[PDB]
Colleague: 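Quick one: structure with kanamycin.
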There are 2 protein chains.
Amino acid sequence: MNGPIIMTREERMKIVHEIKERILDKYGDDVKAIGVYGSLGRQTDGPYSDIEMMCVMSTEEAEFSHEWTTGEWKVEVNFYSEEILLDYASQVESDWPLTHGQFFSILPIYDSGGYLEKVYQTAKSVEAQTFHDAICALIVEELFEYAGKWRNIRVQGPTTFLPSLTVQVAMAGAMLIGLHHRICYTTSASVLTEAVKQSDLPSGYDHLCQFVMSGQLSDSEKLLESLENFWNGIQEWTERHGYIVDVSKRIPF
Amino acid sequence: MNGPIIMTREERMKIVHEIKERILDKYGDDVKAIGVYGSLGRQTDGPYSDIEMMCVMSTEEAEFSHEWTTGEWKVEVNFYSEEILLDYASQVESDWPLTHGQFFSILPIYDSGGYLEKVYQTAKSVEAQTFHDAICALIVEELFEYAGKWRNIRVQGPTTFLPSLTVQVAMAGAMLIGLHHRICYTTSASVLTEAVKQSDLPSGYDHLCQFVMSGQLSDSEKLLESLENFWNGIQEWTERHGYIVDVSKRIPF
Ligand SMILES: NC[C@H]1O[C@H](O[C@H]2[C@H](O)[C@@H](O[C@H]3O[C@H](CO)[C@@H](O)[C@H](N)[C@H]3O)[C@H](N)C[C@@H]2N)[C@H](O)[C@@H](O)[C@@H]1O
Ligand SMILES: NC[C@H]1O[C@H](O[C@H]2[C@H](O)[C@@H](O[C@H]3O[C@H](CO)[C@@H](O)[C@H](N)[C@H]3O)[C@H](N)C[C@@H]2N)[C@H](O)[C@@H](O)[C@@H]1O
Ligand SMILES: Nc1ncnc2c1ncn2[C@@H]1O[C@H](COP(=O)(O)CP(=O)(O)OP(=O)(O)O)[C@@H](O)[C@H]1O
Ligand SMILES: Nc1ncnc2c1ncn2[C@@H]1O[C@H](COP(=O)(O)CP(=O)(O)OP(=O)(O)O)[C@@H](O)[C@H]1O
Ligand SMILES: [Mg+2]
Ligand SMILES: [Mg+2]
């Protein structure tokens, strides 16, 4: 295929409406509400942008999505039960700052009873603890691991992975930041640029983002240290912020 | 937190057994099989490598875990009811090649009745169609998606995401090859190197990987330009292999 074509918000929107009409002809009374999320729902959609949408079903245990292309453009429509969506909107995870911005950006197209605010609010009312736990997990389950792989790279190679790991790591810290600050990033592309602006940034972070953002990830000696510094900027940050991981137990269970 | 320290197979293996015991004292007869995977499992383990285990159980409602650190080390145990896991062994996703290697790389430490083979038989007893659909989905849900992005980037930005995007693309096309060649990667760091060793490469990938593996991601113009070609490489390749998706319908449902 020729890939994604240039379109206009106006064109995009007609599609939105076309699809909306189809959802209702098909499900009818089973449809509770329909929304536009992403760049479009934000009204910041670019020329090559896609259309993501989310639909709220009456129908229980409902969880499906329909994603397609016409060669020229692509669409994605997710359908959920009113429950399934709420629960989901209530989940803070390692990529929450990436995933959950979708709940504060909905562009309502059809609501039979304010389902869309409900959603938003729910997303909006997350307990602080939840975010803490999520930072903690992210460290054990993620940062730690990368730490290992990068220390082995030094040791036994390969550095052909170094450029890719760094990015992963650059990202990881950003989710770290966001979970900390209860922020969701605009898009996936604004992630680095927005993370590097926040306040209580771990020592070594910005410097790493430098590398990752400039594209100069060719010198593995340097990249090695940054990761190193960052990790240390982290051990600290955690202490001072209270996200202290339980190391104690050799056998957690 | 000192982060992963230097270990040896002996050390590792020592914990594995200790772990092996808690599980046995802890779940006893509900434990059908305990095994080891990862770098350890193959014994390709390194100084700073981690521990991955997996245990099968008779319990119906089984699908839980335990990941932890002590400050210098990480362990990761996965519990599953044989049904669930088997089921998962035969699940081909866009990332099956990164992921499914686990089902092959097993190091059996305990097994009441060859469950660890069933799982292996199962993982390798997956249908070509299944992989055929995997490919189609990637392209749409992903490839096509990355295409607009790098496009929009060419027109509005931002370049600070170019590097990172490119890595994403490279990973994915790699997924493509594996799914193409019922291949699985040993590990994460070997993905690329290994992938580019394949035959039927889509026109463009190799070059593209060279930038990612090298870290010479500073050149914008040169990237987008190496990405587009890749895209076109795809367009051809799929037509050659028959990874063809029907784009006739504007609204396919
Ligand atoms: N063996 C597979 C890996 O599975 C889990 O890892 C974590 C996932 O990766 C996380 O996902 C995050 O990181 C991904 C890249 O890994 C990104 O794509 C994603 N956007 C991020 O949110 C997810 N949220 C939690 C989960 N614990 C294990 O814990 C880890 O030990 C292991 O290595
Ligand atoms: N907006 C989020 C995206 O959600 C789905 O996309 C897909 C996920 O992204 C995939 O995950 C891949 O990307 C991860 C992150 O890099 C990698 O860790 C992983 N190895 C990859 O397989 C997953 N396997 C299938 C799923 N359909 C939508 O289809 C797509 O429209 C949208 O863009
Ligand atoms: N795994 C995931 N990755 C990225 N975004 C995710 C996501 N889970 C949820 N989201 C949300 O869903 C949206 C997905 O749209 P994307 O296709 O990633 C690009 P976009 O940010 O909408 O802008 P664009 O269309 O102009 O490129 C994100 O903006 C984000 O709010
Ligand atoms: N997202 C994912 N990333 C990496 N491996 C994944 C994975 N999902 C499943 N796996 C599988 O589970 C294993 C866990 O791998 P990791 O813990 O990330 C490092 P490793 O491949 O064991 O080598 P290493 O520890 O010496 O660096 C992998 O070898 C892979 O086969
Ligand atoms: Mg979008
Ligand atoms: Mg490992």
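Naming convention: chains lettered A, B, ... in sequence-line order (proteins, then strands); numbering from 1 in each chain. Numbering of ligands and ligand atoms starts at 1, following listing order. Excluded from the calculations below are hydrogen atoms, water molecules and symmetry mates; all remaining heavy atoms, backbone and side chain alike, are included.
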Colleague: Which instances in the model belong to kanamycin?
Modeller: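 Look at ligands 1 and 2.
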Colleague: So, counting contacts under 4.5 Å, which chain has the most with kanamycin (ligand 2)? Name it the way UniProt does.
Modeller: Aminoglycoside nucleotidyltransferase (4')
Colleague: I'm curious which other chains are hanging around kanamycin (ligand 2) with a heavy atom under 4.0 Å away - can you tell me?
Modeller: A, B
Colleague: So, at a heavy-atom cut-off of 4.0 Å, what does the binding site of kanamycin (ligand 2) look like in terms of residues?
Modeller: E67(A), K74(A), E76(A), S94(B), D95(B), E141(B), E142(B), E145(B)
Colleague: Which UniProt Mg(2+)-binding residues in chain B pass a heavy-atom distance cut-off of 4.0 Å to kanamycin (ligand 2)?
Modeller: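 Among UniProt's Mg(2+) binders, a heavy atom under 4.0 Å is found in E145(B).
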Colleague: Are there protein heavy-atom neighbours of atom 9 (O) of kanamycin (ligand 2) below 4.0 Å?
Modeller: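 Answer no: nothing from the protein, no heavy atom, is under 4.0 Å.
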Colleague: Taking only heavy atoms of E76(A) into account, list the atoms of kanamycin (ligand 2) that are under 4.0 Å away from them.
Modeller: 28 (C), 30 (C), 31 (O)
Colleague: According to the deposit information, what organism does chain B derive from?
Modeller: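 The PDB lists Staphylococcus aureus.
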Colleague: Measuring heavy atom to heavy atom, which UniProt active-site residue of chain B lies nearest kanamycin (ligand 2), and how far away, to 1 Å?
Modeller: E145(B), 2 Å
Colleague: Report the overlap between the UniProt ATP-binding residues of chain B and the residues with a heavy atom under 4.0 Å from kanamycin (ligand 2).
Modeller: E145(B)
Colleague: Give the atoms of kanamycin (ligand 2), by number and element, whose distance to some non-hydrogen atom of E145(B) is under 4.0 Å.
Modeller: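 Heavy-atom distances to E145(B) below 4.0 Å select 30 (C), 31 (O), 32 (C), 33 (O).
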Colleague: Need the kanamycin (ligand 2) atom indices (1-based, order shown) with element for anything under 4.0 Å from a heavy-atom of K74(A).
Modeller: 31 (O)
